[PDB]
Amino acid sequence: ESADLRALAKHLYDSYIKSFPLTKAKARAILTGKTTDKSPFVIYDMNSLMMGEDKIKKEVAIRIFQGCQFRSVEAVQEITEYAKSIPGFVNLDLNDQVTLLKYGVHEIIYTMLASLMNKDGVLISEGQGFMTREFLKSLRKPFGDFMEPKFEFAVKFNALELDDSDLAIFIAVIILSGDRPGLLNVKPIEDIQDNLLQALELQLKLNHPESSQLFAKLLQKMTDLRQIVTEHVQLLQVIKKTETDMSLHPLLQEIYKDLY
Ligand SMILES: COc1ccc2c(c1)c(CC(=O)O)c(C)n2C(=O)c1ccc(Cl)cc1
Ligand SMILES: COc1ccc2c(c1)c(CC(=O)O)c(C)n2C(=O)c1ccc(Cl)cc1
């Protein structure tokens with residue numbers, strides 16, 4: 001079993017690397033000054049944003065809005081590709097596969113968003129750019145309040161100091177939650193999570209031997225993930241009631257209508 005769990009961990013990590021182009025490792029190298037990667041253009045005001053458009057591949061709050069959207073959709077596409085590699089996932093009832101993805105993708109998105117963040121801002125455009133926390137906070141209501149909750153989580157979450165091999169199993173654990181609403185066959189989902197949970201436990205113990213109860217502390221973080229989703233959805237509802245001229249991407253619209 002112990003050798004089997006390591007096999008499971010290595011399998012998931014390999015799938016993770018194959019599925020997510022911008023890893024935490026790449027993100028850290030960019031954010032700290034490493035020579036393996038190159039420096040981002042920093043956007044911190046209106047003119048940096050204007051010049052950033054020239055360097056990086058009508059209202060700005062709207063443009064930034066539309067930017068996250070395309071990125072979220074892309075992320076959903078990646079997380080979906082990853083889930084199919086989770087042993088057992090494709091063998092589940094198709095309705096359950098959908099349900100697991102529906103409630104799971106945003107929790108993974110915010111998890112992985114933490115990798116691209118520090119207390120000062122977030123990587124964008126596959127790491128070419130960097131948007132500051134304060135520029136985001138300064139955006140007009142309600143747009144200014146969207147990102148700050150993510151930062152506060154990311155700051156707390158990044159203190160756990162997980163690397164990608166850690167995250168690979170954790171996101172796998174998130175997808176295979178037996179307590180999602182509407183699931184038909186909970187039992188096969190829980191059997192897969194049991195093994196995934198076992199593998200996370202051993203992975204965290206071997207990769208972080210000195211940080212006690214990291215497993216427990218990491219599982220407790222799923223609480224914070226939920227509140228991020230709940231709060232976000234409510235802020236989105238304000239947008240739809242106010243900006244009747246724009247809409248969510250169909251895929252995003254399906255994920256959200258009607259989650260909770
Ligand atoms: C990756 O997490 C985010 C962050 C912001 C998001 C989204 C997702 C989505 C998509 C989603 O909810 O998955 C939309 C549609 N966002 C916005 O409109 C928005 C509003 C204000 C600002 Cl300052 C920035 C973006
Ligand atoms: C999910 O987290 C975020 C937050 C902000 C983002 C993005 C992602 C992306 C997508 C990405 O990160 O690749 C873009 C593109 N964001 C912009 O604010 C932006 C910058 C310049 C222009 Cl012209 C328009 C929008």
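Heads up: numbering here begins at 1 and tracks the sequence. First listed ligand is number 1; within each ligand, the first listed atom is number 1. No hydrogens, no waters, no symmetry mates; every other heavy atom, side chains included, goes into these values.
By contact count, the main macromolecule holding ligand 2 here is known in the PDB entry as Peroxisome proliferator-activated receptor gamma. What sits at ligand 2 is the drug indometacin.
Counting heavy atoms within 4.0 Å, the binding site of indometacin (ligand 2) comprises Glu53, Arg63, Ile64, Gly67, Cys68, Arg71, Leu113, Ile124, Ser125, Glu126, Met131. For indometacin (ligand 2), the other ligands and ions with an atom under 4.0 Å away are ligand 1 (indometacin).
Most residues around indometacin (ligand 2) in chain A come from the UniProt domain NR LBD. Per the entry, the source species of chain A is Homo sapiens.
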